[PDB]
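A deposited model with testosterone.
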Amino acid sequence: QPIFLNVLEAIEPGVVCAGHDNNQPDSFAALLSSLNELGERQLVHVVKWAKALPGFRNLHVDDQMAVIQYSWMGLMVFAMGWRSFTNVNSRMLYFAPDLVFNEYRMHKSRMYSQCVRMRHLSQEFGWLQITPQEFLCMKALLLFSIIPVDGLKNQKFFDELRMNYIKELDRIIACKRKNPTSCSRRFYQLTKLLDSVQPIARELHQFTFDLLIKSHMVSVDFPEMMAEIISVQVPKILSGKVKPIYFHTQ
Ligand SMILES: C[C@]12CC[C@H]3[C@@H](CCC4=CC(=O)CC[C@@]43C)[C@@H]1CC[C@@H]2O
(Lines of atoms letter the chains of each structure in order from A and count residues from 1; the text may use other names and numbers.)
(Lines give C-alpha, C1' and ligand atoms only; values in the text may rest on other atoms or scores of the structure.)
Protein backbone atom coordinates (compact mmCIF):
# COMPACT_ATOMS: atom_id res chain seq x y z
CA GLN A 1 0.00 0.00 0.00
CA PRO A 2 0.99 3.70 -0.39
CA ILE A 3 2.91 4.05 2.88
CA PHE A 4 4.13 7.63 2.32
CA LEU A 5 0.71 8.93 1.28
CA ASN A 6 -0.96 6.95 4.07
CA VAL A 7 1.16 8.89 6.56
CA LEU A 8 0.59 12.33 5.03
CA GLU A 9 -3.18 11.83 5.12
CA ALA A 10 -3.09 10.47 8.65
CA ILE A 11 -1.15 13.42 10.09
CA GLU A 12 -2.97 16.20 8.22
CA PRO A 13 -4.30 18.72 10.79
CA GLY A 14 -8.03 19.12 11.21
CA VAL A 15 -10.00 22.36 11.35
CA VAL A 16 -8.52 25.13 13.48
CA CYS A 17 -10.61 27.92 14.96
CA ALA A 18 -9.69 31.62 15.10
CA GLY A 19 -12.15 32.64 17.81
CA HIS A 20 -13.25 35.80 15.97
CA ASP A 21 -16.52 37.59 16.83
CA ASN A 22 -18.42 37.74 13.55
CA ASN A 23 -21.19 39.84 15.08
CA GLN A 24 -18.98 42.88 15.66
CA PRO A 25 -18.30 45.36 12.81
CA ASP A 26 -15.06 44.72 10.92
CA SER A 27 -12.02 46.80 11.85
CA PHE A 28 -8.26 46.66 11.31
CA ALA A 29 -7.50 46.01 14.97
CA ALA A 30 -10.07 43.23 15.41
CA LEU A 31 -9.27 41.46 12.14
CA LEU A 32 -5.50 41.45 12.59
CA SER A 33 -5.75 40.50 16.26
CA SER A 34 -7.87 37.51 15.20
CA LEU A 35 -5.46 36.54 12.42
CA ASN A 36 -2.58 36.74 14.91
CA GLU A 37 -4.45 34.47 17.33
CA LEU A 38 -5.18 32.05 14.49
CA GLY A 39 -1.47 32.10 13.72
CA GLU A 40 -0.62 31.15 17.30
CA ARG A 41 -3.16 28.31 17.22
CA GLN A 42 -2.11 27.02 13.80
CA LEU A 43 1.54 27.03 14.85
CA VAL A 44 0.79 24.49 17.58
CA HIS A 45 -0.73 22.21 14.95
CA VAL A 46 2.10 22.80 12.45
CA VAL A 47 4.70 21.79 15.02
CA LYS A 48 2.91 18.50 15.86
CA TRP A 49 2.36 17.86 12.16
CA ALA A 50 5.99 18.51 11.20
CA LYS A 51 7.29 16.31 14.04
CA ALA A 52 5.20 13.43 12.67
CA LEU A 53 6.47 13.63 9.07
CA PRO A 54 8.43 10.67 7.70
CA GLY A 55 12.13 11.11 8.43
CA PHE A 56 11.70 14.41 10.29
CA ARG A 57 13.48 13.06 13.36
CA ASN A 58 16.53 12.49 11.14
CA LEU A 59 17.19 16.22 11.51
CA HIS A 60 19.27 17.63 14.33
CA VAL A 61 16.97 18.89 17.09
CA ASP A 62 17.97 22.53 16.53
CA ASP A 63 17.31 22.21 12.81
CA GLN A 64 13.86 20.71 13.46
CA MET A 65 12.55 23.84 15.18
CA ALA A 66 14.51 26.10 12.82
CA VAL A 67 12.90 24.84 9.62
CA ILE A 68 9.47 25.06 11.24
CA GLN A 69 10.07 28.65 12.34
CA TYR A 70 11.33 29.70 8.90
CA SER A 71 8.69 27.93 6.81
CA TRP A 72 5.50 28.46 8.85
CA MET A 73 4.24 31.43 6.81
CA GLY A 74 4.58 29.61 3.49
CA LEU A 75 3.07 26.45 4.94
CA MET A 76 0.05 28.24 6.39
CA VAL A 77 -0.59 30.33 3.28
CA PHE A 78 -0.41 27.24 1.05
CA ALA A 79 -2.89 25.36 3.26
CA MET A 80 -5.18 28.38 3.51
CA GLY A 81 -5.16 28.64 -0.27
CA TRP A 82 -6.16 24.99 -0.49
CA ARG A 83 -8.98 25.47 2.04
CA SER A 84 -10.26 28.45 0.08
CA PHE A 85 -10.27 26.42 -3.11
CA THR A 86 -12.08 23.41 -1.67
CA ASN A 87 -14.55 25.35 0.48
CA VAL A 88 -15.44 28.41 -1.59
CA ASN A 89 -13.77 27.84 -4.97
CA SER A 90 -11.24 30.58 -4.18
CA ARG A 91 -14.02 33.19 -4.05
CA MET A 92 -12.91 34.34 -0.59
CA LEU A 93 -9.96 33.63 1.70
CA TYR A 94 -10.95 30.84 4.09
CA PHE A 95 -8.55 31.51 6.97
CA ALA A 96 -10.82 29.55 9.30
CA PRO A 97 -14.51 28.57 9.52
CA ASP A 98 -15.04 31.62 11.73
CA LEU A 99 -12.75 33.94 9.79
CA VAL A 100 -13.60 34.05 6.10
CA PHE A 101 -12.38 37.13 4.26
CA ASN A 102 -14.65 38.78 1.71
CA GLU A 103 -13.50 41.78 -0.34
CA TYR A 104 -14.60 44.19 2.38
CA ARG A 105 -12.39 42.46 4.96
CA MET A 106 -9.50 42.26 2.50
CA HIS A 107 -9.59 46.06 2.35
CA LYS A 108 -10.27 46.67 6.05
CA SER A 109 -7.30 44.47 6.96
CA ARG A 110 -5.06 46.92 5.08
CA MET A 111 -3.72 43.73 3.47
CA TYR A 112 -5.58 43.92 0.16
CA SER A 113 -2.57 43.52 -2.16
CA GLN A 114 -1.28 40.56 -0.13
CA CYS A 115 -4.77 39.03 -0.12
CA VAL A 116 -4.85 39.36 -3.92
CA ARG A 117 -1.72 37.23 -4.24
CA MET A 118 -3.03 34.70 -1.74
CA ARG A 119 -6.31 34.44 -3.65
CA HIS A 120 -4.36 34.01 -6.91
CA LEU A 121 -2.50 31.05 -5.37
CA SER A 122 -5.86 29.63 -4.32
CA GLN A 123 -7.13 29.85 -7.92
CA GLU A 124 -4.07 27.95 -9.16
CA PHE A 125 -5.26 24.85 -7.27
CA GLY A 126 -8.30 24.97 -9.54
CA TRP A 127 -6.55 26.02 -12.74
CA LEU A 128 -3.91 23.28 -12.41
CA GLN A 129 -6.42 20.69 -11.18
CA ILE A 130 -4.24 19.94 -8.15
CA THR A 131 -5.14 16.63 -6.49
CA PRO A 132 -5.55 16.30 -2.69
CA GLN A 133 -2.49 14.04 -2.67
CA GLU A 134 -0.36 16.40 -4.78
CA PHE A 135 -1.36 19.10 -2.28
CA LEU A 136 -0.20 16.98 0.67
CA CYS A 137 3.20 16.20 -0.84
CA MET A 138 3.75 19.80 -1.96
CA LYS A 139 2.89 21.13 1.49
CA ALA A 140 5.38 18.72 3.07
CA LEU A 141 8.06 19.93 0.66
CA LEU A 142 7.37 23.55 1.64
CA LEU A 143 8.69 22.74 5.13
CA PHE A 144 12.08 21.98 3.55
CA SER A 145 12.18 24.99 1.24
CA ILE A 146 13.89 27.75 3.25
CA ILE A 147 17.23 27.64 5.09
CA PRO A 148 20.15 29.81 6.34
CA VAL A 149 22.55 30.88 3.60
CA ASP A 150 25.34 29.56 5.83
CA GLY A 151 23.60 26.23 6.34
CA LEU A 152 21.93 24.29 9.15
CA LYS A 153 23.51 22.48 12.13
CA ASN A 154 23.52 19.23 10.16
CA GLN A 155 22.93 20.14 6.51
CA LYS A 156 23.55 16.64 5.16
CA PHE A 157 20.53 15.24 7.00
CA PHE A 158 18.38 18.08 5.68
CA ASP A 159 19.57 17.70 2.09
CA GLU A 160 18.77 13.98 2.21
CA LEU A 161 15.28 14.64 3.56
CA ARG A 162 14.51 17.29 0.97
CA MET A 163 15.76 14.97 -1.76
CA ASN A 164 13.41 12.20 -0.62
CA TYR A 165 10.36 14.48 -0.56
CA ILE A 166 11.15 15.62 -4.10
CA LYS A 167 11.37 11.94 -5.03
CA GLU A 168 7.96 11.26 -3.47
CA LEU A 169 6.43 14.13 -5.43
CA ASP A 170 7.81 12.72 -8.68
CA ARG A 171 6.42 9.31 -7.68
CA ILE A 172 2.92 10.72 -7.12
CA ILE A 173 3.01 12.32 -10.57
CA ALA A 174 3.90 9.00 -12.22
CA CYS A 175 1.26 6.92 -10.41
CA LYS A 176 -1.14 7.54 -13.30
CA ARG A 177 1.05 8.52 -16.24
CA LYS A 178 2.58 6.27 -18.89
CA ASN A 179 4.15 8.95 -21.08
CA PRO A 180 7.26 10.60 -19.54
CA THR A 181 6.41 13.83 -21.37
CA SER A 182 3.28 14.13 -19.24
CA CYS A 183 5.20 13.50 -16.01
CA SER A 184 7.76 16.14 -16.97
CA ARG A 185 5.08 18.71 -17.79
CA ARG A 186 3.35 18.09 -14.46
CA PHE A 187 6.57 18.28 -12.46
CA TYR A 188 7.36 21.58 -14.17
CA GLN A 189 3.92 22.93 -13.25
CA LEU A 190 4.09 21.82 -9.63
CA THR A 191 7.59 23.15 -9.00
CA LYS A 192 6.58 26.50 -10.52
CA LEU A 193 3.57 26.58 -8.19
CA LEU A 194 5.78 25.78 -5.19
CA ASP A 195 8.19 28.58 -6.12
CA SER A 196 5.27 31.04 -6.37
CA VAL A 197 4.57 30.59 -2.68
CA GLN A 198 7.87 32.19 -1.61
CA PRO A 199 7.24 35.73 -2.95
CA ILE A 200 3.81 35.72 -1.29
CA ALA A 201 5.30 34.59 2.01
CA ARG A 202 7.96 37.31 1.80
CA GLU A 203 5.31 40.01 1.34
CA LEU A 204 3.48 38.69 4.39
CA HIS A 205 6.71 38.57 6.38
CA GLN A 206 7.33 42.24 5.61
CA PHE A 207 3.76 43.15 6.51
CA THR A 208 3.62 41.33 9.83
CA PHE A 209 7.10 42.54 10.80
CA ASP A 210 6.06 46.15 10.21
CA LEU A 211 2.79 45.57 12.05
CA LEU A 212 4.61 44.11 15.09
CA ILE A 213 6.97 47.10 15.27
CA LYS A 214 3.98 49.49 15.33
CA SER A 215 1.53 47.12 17.06
CA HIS A 216 1.17 49.29 20.17
CA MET A 217 0.21 52.30 18.04
CA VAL A 218 -2.54 50.57 16.08
CA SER A 219 -4.06 48.43 18.86
CA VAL A 220 -3.05 45.09 17.34
CA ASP A 221 -2.35 42.23 19.72
CA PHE A 222 0.38 39.67 19.04
CA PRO A 223 0.41 36.41 21.03
CA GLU A 224 3.63 35.16 22.69
CA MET A 225 4.98 32.75 20.07
CA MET A 226 4.08 35.02 17.16
CA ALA A 227 5.89 38.02 18.68
CA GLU A 228 8.95 35.84 19.32
CA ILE A 229 9.15 34.31 15.86
CA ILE A 230 8.40 37.58 14.07
CA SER A 231 11.06 39.50 16.04
CA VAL A 232 13.72 36.77 16.11
CA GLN A 233 13.34 34.55 13.05
CA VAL A 234 11.45 36.57 10.43
CA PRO A 235 14.13 39.31 10.37
CA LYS A 236 16.76 36.71 9.43
CA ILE A 237 14.71 36.10 6.29
CA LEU A 238 14.03 39.76 5.54
CA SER A 239 17.72 40.61 6.01
CA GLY A 240 18.78 37.87 3.60
CA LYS A 241 20.49 35.59 6.14
CA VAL A 242 17.84 32.90 5.57
CA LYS A 243 16.61 32.36 2.02
CA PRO A 244 14.07 30.24 0.15
CA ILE A 245 15.19 27.34 -2.01
CA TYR A 246 13.83 27.87 -5.52
CA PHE A 247 13.45 25.17 -8.16
CA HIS A 248 13.68 27.61 -11.06
CA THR A 249 16.00 30.60 -11.29
CA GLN A 250 13.97 33.72 -10.54
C1 LIG B 1 1.18 37.06 10.25
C2 LIG B 1 -0.36 37.40 10.28
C3 LIG B 1 -1.09 36.48 11.30
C4 LIG B 1 -1.10 34.99 10.87
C5 LIG B 1 -1.65 34.85 9.40
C6 LIG B 1 -0.97 35.77 8.34
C7 LIG B 1 -1.63 35.60 6.94
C8 LIG B 1 -1.53 34.13 6.49
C9 LIG B 1 -2.11 33.16 7.52
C10 LIG B 1 -2.97 32.18 7.11
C11 LIG B 1 -3.56 31.19 8.00
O12 LIG B 1 -4.53 30.39 7.56
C13 LIG B 1 -3.03 31.15 9.40
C14 LIG B 1 -2.68 32.56 9.93
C15 LIG B 1 -1.65 33.32 9.02
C16 LIG B 1 -0.23 32.68 9.13
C17 LIG B 1 -1.05 37.22 8.88
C18 LIG B 1 -0.47 38.37 8.02
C19 LIG B 1 -0.22 39.50 9.04
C20 LIG B 1 -0.62 38.92 10.43
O21 LIG B 1 0.19 39.50 11.48
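Residue numbering in chain A adheres to the PDB entry, whereby the residues present occupy positions 670-919 in order. The way this entry was determined, per its header, is X-ray crystallography, 1.6 Å. Values below: all heavy atoms of this structure, side chains included; hydrogens, waters and symmetry mates excluded. When a ligand or atom number is given, it counts from 1 through the structure's own listing order.
- Short version: main partner of testosterone, named per UniProt, is Androgen receptor.
- In this structure, the binding site of testosterone at 4.0 Å (heavy atoms) is formed by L701, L704, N705, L707, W741, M742, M745, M749, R752, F764, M780, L873, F876, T877, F891, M895.
- When only interatomic distances are considered, the shortest N/O to N/O separation between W741 and testosterone does not fall below 3.5 Å.
- If you number the atoms of testosterone from 1 as listed, the ones under 4.0 Å from a heavy atom of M742 come out as 1 (C).
- Near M749, with a cut-off below 4.0 Å to any heavy atom, the atoms of testosterone are 12 (O).
- Taking every heavy atom of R752 and a limit of under 4.0 angstrom, the matching atoms of testosterone come to 12 (O).
- Between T877 and testosterone, at least one N/O pair is under 3.5 Å apart.
- Taking every non-hydrogen atom of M745 and a distance limit under 4.0 Å, the qualifying atoms of testosterone come out as 12 (O), 16 (C).
- In terms of protein heavy-atom proximity, atom 5 (C) of testosterone is nearest to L704 O, 4.3 Å.
- Using a 4.0 Å cut-off to heavy atoms of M895, the atoms of testosterone that qualify are 1 (C), 3 (C), 4 (C).
- Mapped onto UniProt domains, the residues of chain A touching testosterone mostly lie in NR LBD.
- Among all protein heavy atoms, the one lying closest to atom 10 (C) of testosterone is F764 CD2, 3.7 Å.
- The distance from testosterone to the heavy atoms of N705 drops below 4.0 Å at these ligand atoms: 2 (C), 3 (C), 20 (C), 21 (O).
- Those atoms of testosterone that come under 4.0 Å of a heavy atom in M780, given as number and element, are 18 (C).
- For atom 15 (C) of testosterone, the nearest protein heavy atom lies 4.0 Å or farther away.
- Residues of chain A that UniProt annotates as binding 17beta-hydroxy-5alpha-androstan-3-one and that have a non-hydrogen atom under 4.0 Å from testosterone: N705, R752, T877.
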